[PDB]
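Caption: LY-CoV555 together with Spike glycoprotein, bound form.
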Amino acid sequence: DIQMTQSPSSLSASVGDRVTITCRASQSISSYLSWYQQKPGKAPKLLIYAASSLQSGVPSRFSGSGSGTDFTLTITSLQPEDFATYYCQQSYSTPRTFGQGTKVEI
Amino acid sequence: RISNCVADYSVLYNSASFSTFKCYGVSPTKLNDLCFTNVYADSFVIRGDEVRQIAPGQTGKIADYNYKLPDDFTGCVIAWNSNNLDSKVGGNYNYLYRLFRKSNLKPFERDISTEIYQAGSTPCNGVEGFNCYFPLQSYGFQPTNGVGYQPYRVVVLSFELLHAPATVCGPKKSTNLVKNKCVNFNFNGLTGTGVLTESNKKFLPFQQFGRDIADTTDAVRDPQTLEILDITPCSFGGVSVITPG
Amino acid sequence: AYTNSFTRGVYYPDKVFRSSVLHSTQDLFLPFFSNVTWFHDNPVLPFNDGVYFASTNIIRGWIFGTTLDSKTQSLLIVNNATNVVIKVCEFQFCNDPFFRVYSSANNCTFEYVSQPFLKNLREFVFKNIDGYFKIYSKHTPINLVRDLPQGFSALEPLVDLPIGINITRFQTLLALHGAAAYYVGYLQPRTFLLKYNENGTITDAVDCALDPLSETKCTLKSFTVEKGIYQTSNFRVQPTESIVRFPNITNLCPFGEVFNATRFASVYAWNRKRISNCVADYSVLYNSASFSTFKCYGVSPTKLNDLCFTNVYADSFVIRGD
Amino acid sequence: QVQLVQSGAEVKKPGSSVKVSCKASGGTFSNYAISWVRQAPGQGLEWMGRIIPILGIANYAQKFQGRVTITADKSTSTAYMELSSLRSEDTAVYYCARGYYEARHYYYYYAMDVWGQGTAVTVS
Amino acid sequence: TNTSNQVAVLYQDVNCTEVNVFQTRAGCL
Ligand SMILES: *[C@@H]1O[C@H](CO)[C@@H](O)[C@H](O)[C@H]1NC(C)=O
């Protein structure tokens, strides 16, 4: 089991804020990281794959970076529809454990 | 496995539907004058620019890990355009081909395992991951693909030629036997010229022909009647001219 | 228990008739004067490269396979109702086979029915070569139970099955209801010189590697050697271990970056890099498998990791598929 | 765009079995796997396993192995999840998702780009 | 073979330590 930690556990922000979320694995897992945004009562949406590639159909305000074990997702201009939960996911080995999540409140 | 039939390759060849008919160690049109012990028919579907790899001495993903032909193959490889039947609207992703294996296949080896290919040190616990690849990938057949990538059905007929009884013979009608005459014979694929006589060599029920020290057959068992014919080369010798001058 | 094999276990190696001739052949034969395991409940026996079997109608049928657990195809020979049956089904086997053995008959890919066979011993030879399972046998009278007869007798072939199953182990089968006995030896790729008489039956044979006298008999293609000095082979001491000696150089080659470079040059301006004085781990290159075309000319691709070159020039570019 | 449409919520007593469906709409299982994800009430996501219909290969997390079965129909492109020996801790939302397994998609690293609406299964 | 089946082996130009043994200038007999 790969131990994966998200940070921060929760944050409060207003429309227009700059948001940065970090995801660290307990050991090197290269670029096997996917990013998802999830709204209450809806399934998550894939935002960033391969640690740095921007997913098709995702607004360009989201961006990804990071190297080694620590990788970060940045939201340049928080929008009303951006209030949601953000998940990172490792695919290095089975099972593909998910984090406990990060709740973003207004 | 096909055996005990009158394999009429002449009808099969002259059909223009086939796009590749390549035979090694046998000429594609003389096949109808030979008899074979057993013929193996292999069949599968591959992409266009990979049929070139279904040949002896070849390399590449299919030749190394899917279907490997021996260096001394004696047989035929047949291929034709399946684009209409096998390719479906919206892409036909049903046919799979293997890219990875611990070692290259030995000739005619079959490997249908689906275990994850461990390419690194980290063990793969039954789910694909880093250095853990699924061994198969599907063909992206689409009606708009260029001919080079369109699917091709391939049948490989392998012919064995051992010191064993023949069963599949081209449909050349049998004829009467003439003894004590210099004739050119063809006994179930063994060809030659010589005089056929009775023999007193008691072949055992399992032996078909007898051999001499040299690269020549000395006796043969005729089919239908199982009788034993000795074959002695037709009389010959040099000619000298005596002239007083 | 062990017994001596003497001069038994010779079979017609090529099924082409010969007469009054000494023929040298290379095949799987049971080496002469070898020890054969004597069994007198039945054990699991290895099959390796072929088996010689002898027995003296208690012992009917044989079972061959790899795992013997219905997971792989297994050759089964049974003598029932005077018509011998051979099948290659994935039967689920018992711990001690004796009809139970023929249950779960599915995924059957070959079935054959033949005529029946078996103070007389019943010798059999089983050989699996290139997918052909060849079975040879003969019956011969005996009046000595303490050992295996001395003498010579060639084993007439019976059949050849194109099964093509990877066989690794086999077991004998007893009549279902202090026991019977059988002898089994293991075949080896030894060279034999066989004497064919006028009628076509092997009357004698010499093992080309058993003894120096047999080496001369083989090399001279004769069963009697007159007095003299003869050369038969060559003594050459074999290497004991492999040793690799290489410079202390530990530098890694640029190969890694060259494949993974983000910006590639145009095909008209192909990029050339000269590479020397560095170790190159082609195994990382191989196991980084994402390539659609890997074709090497004038060297084997699988053996690029075992040589040493003066220098590697790396050219690179981008093109279209066709 | 290929979308996944799942069956509606189900209420079942403990000890019974549940059958969730997942249908492809506007597409087919063209070299894609169907993964299943779990989400307890007020909790995060839990990955359980995935099926490759093309070959009928199914993989599951150790935790659930034994009482959980995923099957798929490639011709109609419909997968169904059958869970037996239901206990009260099995109440959760189950999502199906399109994933990758082919080496040719190495740059996607087995991500899931389209998710179904989810099916809530309540055990009580 | 008409007189005896006993044999002797001569290893030519191969001084013998490597596997009665009599060393001759022709080899090891
Ligand atoms: C060969 O068979 C004939 C009769 O079939 C017999 O007279 C002769 O002795 C046999 N030859 C040998 C060497 O036994």
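Chain letters run A, B, ... following the sequence lines, proteins first and then strands; every chain starts at 1. Contacts here are counted within a displayed part of the entry, not across the full deposit.
Within this structure, LY-CoV555 can be identified as chains A and D.
Other chains with one or more heavy atoms under 4.5 Å from any atom of LY-CoV555 (chains A and D): B, C. Taking non-hydrogen atoms under 4.5 Å as contacts, the residues of chain B that touch LY-CoV555 (chains A and D) are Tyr93(B), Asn94(B), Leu96(B), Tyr97(B), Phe100(B), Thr114(B), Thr122(B), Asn125(B), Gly126(B), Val127(B), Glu128(B), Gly129(B), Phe130(B), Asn131(B), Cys132(B), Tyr133(B), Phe134(B), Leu136(B), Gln137(B), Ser138(B), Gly140(B). Using non-hydrogen atoms and a cut-off of 4.5 Å, the paratope of LY-CoV555 (chains A and D) toward chain B is given by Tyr32(A), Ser91(A), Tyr92(A), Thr94(A), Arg96(A), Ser30(D), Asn31(D), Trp47(D), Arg50(D), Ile52(D), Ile54(D), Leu55(D), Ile57(D), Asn59(D), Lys74(D), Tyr100(D), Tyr101(D), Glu102(D), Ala103(D), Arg104(D), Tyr110(D).
The dominant UniProt domain at the interface of chain B with LY-CoV555 (chains A and D) is BetaCoV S1-CTD.
According to the entry, the name of chain D reads LY-CoV555 Fab heavy chain.
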